[PDB]
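Below is Mineralocorticoid receptor with progesterone bound.
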Amino acid sequence: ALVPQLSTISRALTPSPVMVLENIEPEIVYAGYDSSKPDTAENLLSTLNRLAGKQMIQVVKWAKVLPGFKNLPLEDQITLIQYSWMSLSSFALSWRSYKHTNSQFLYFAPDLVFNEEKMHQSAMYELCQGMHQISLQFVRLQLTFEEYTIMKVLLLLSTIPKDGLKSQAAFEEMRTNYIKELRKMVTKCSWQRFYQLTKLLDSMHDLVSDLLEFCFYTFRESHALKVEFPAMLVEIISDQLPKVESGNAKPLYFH
Ligand SMILES: CC(=O)[C@H]1CC[C@H]2[C@@H]3CCC4=CC(=O)CC[C@]4(C)[C@H]3CC[C@]12C
């Protein structure tokens, strides 16, 4: 006569966290690249920035439905996103390059694929090589989509403020849960692969530092360099630059 609150049906039908990530993976975004304009550094970079703005809008929508992310306080939900935006951007860039081009090119968007030439023309050739190296690693490792999605969540939880987050305890829980996910995922029916993946995540820090250095530089000199940044990026970079440059961003490592 009393309706049970617990639900055996609901509990069994609930998809795995790995299945939820697959369900919420953002759809590919177009850059709106106009090949009728010359491929100068000013145009290529502005285009990339516009693409970045469109991508971050989807990343935010992704962060709202991310399991466990809602357990953290709002302030720690914005800081983590502003701190890891470059890392998520570069890592998703490598995944698309790997899946869509076998890591032969940098697949920024279906309408914008960089070959060596555009890499030189972009005026950030070495950085492009840096991100392309990660794509090559996806091939040697035969990274799987499941491994990818988990790794991306970890990147979102890879950089925190020096003084700490509002809920450092809640943060530690979520990060631990996802590291577990990757742990059980890399398990054959294992430690060497888990090692290769963790070191891959760690290497993202130095790469991201280099990308950010170029980003902060082009941002402060955008007028002189004529590189346009969309609203979404001005917001993110205006908050991140003074924090990163002041030694207030702490990177988390596995090794
Ligand atoms: C203009 C500039 O400084 C460049 C240097 C690093 C570049 C970013 C590198 C990573 C990246 C990957 C993408 O798929 C979208 C654009 C972004 C987010 C790039 C936007 C333009 C940046 C920020």
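The numbers used for chain A are those of the PDB entry, and the residues that appear cover 722-910, 917-982, in sequence. Method reported for this entry: X-ray crystallography, 2.2 Å. In what follows, every heavy atom counts, from backbone to side chain, and hydrogens, waters and symmetry copies are set aside. Order of appearance sets the numbers: ligands from 1, and atoms from 1 within every ligand.
- Of all the atoms in progesterone, the ones that sit under 4.0 Å from a non-hydrogen atom of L769 are 16 (C), 20 (C), 21 (C).
- Across chain A, the UniProt domain dominating contacts with progesterone is NR LBD.
- The ligand atoms of progesterone that sit less than 4.0 angstrom from a heavy atom of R817 are 14 (O).
- By the 3.5 Å distance cut-off applied to N or O atoms, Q776 is counted among the residues near progesterone.
- The entry attributes the source of chain A to Homo sapiens.
- Of all the atoms in progesterone, the ones that sit under 4.0 Å from a non-hydrogen atom of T945 are 3 (O).
- In chain A, the residues that UniProt lists as binding 21-hydroxyprogesterone and that have a heavy atom under 4.0 Å from progesterone are these: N770, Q776, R817, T945.
- When the heavy-atom distances from atom 23 (C) of progesterone to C942, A844, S843 are ranked, the shortest goes to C942.
- Residue-ligand proximity, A773 to progesterone, at heavy-atom distances under 4.0 Å covers atoms 16 (C), 18 (C).
- The overlap between the UniProt progesterone-binding residues of chain A and the residues with a heavy atom under 4.0 Å from progesterone is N770, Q776, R817, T945.
- An N or O contact shorter than 3.5 Å is missing between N770 and progesterone by distance.
- For progesterone, the residues with any heavy atom closer than 4.0 Å are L769, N770, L772, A773, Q776, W806, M807, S810, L814, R817, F829, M845, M852, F941, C942, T945.
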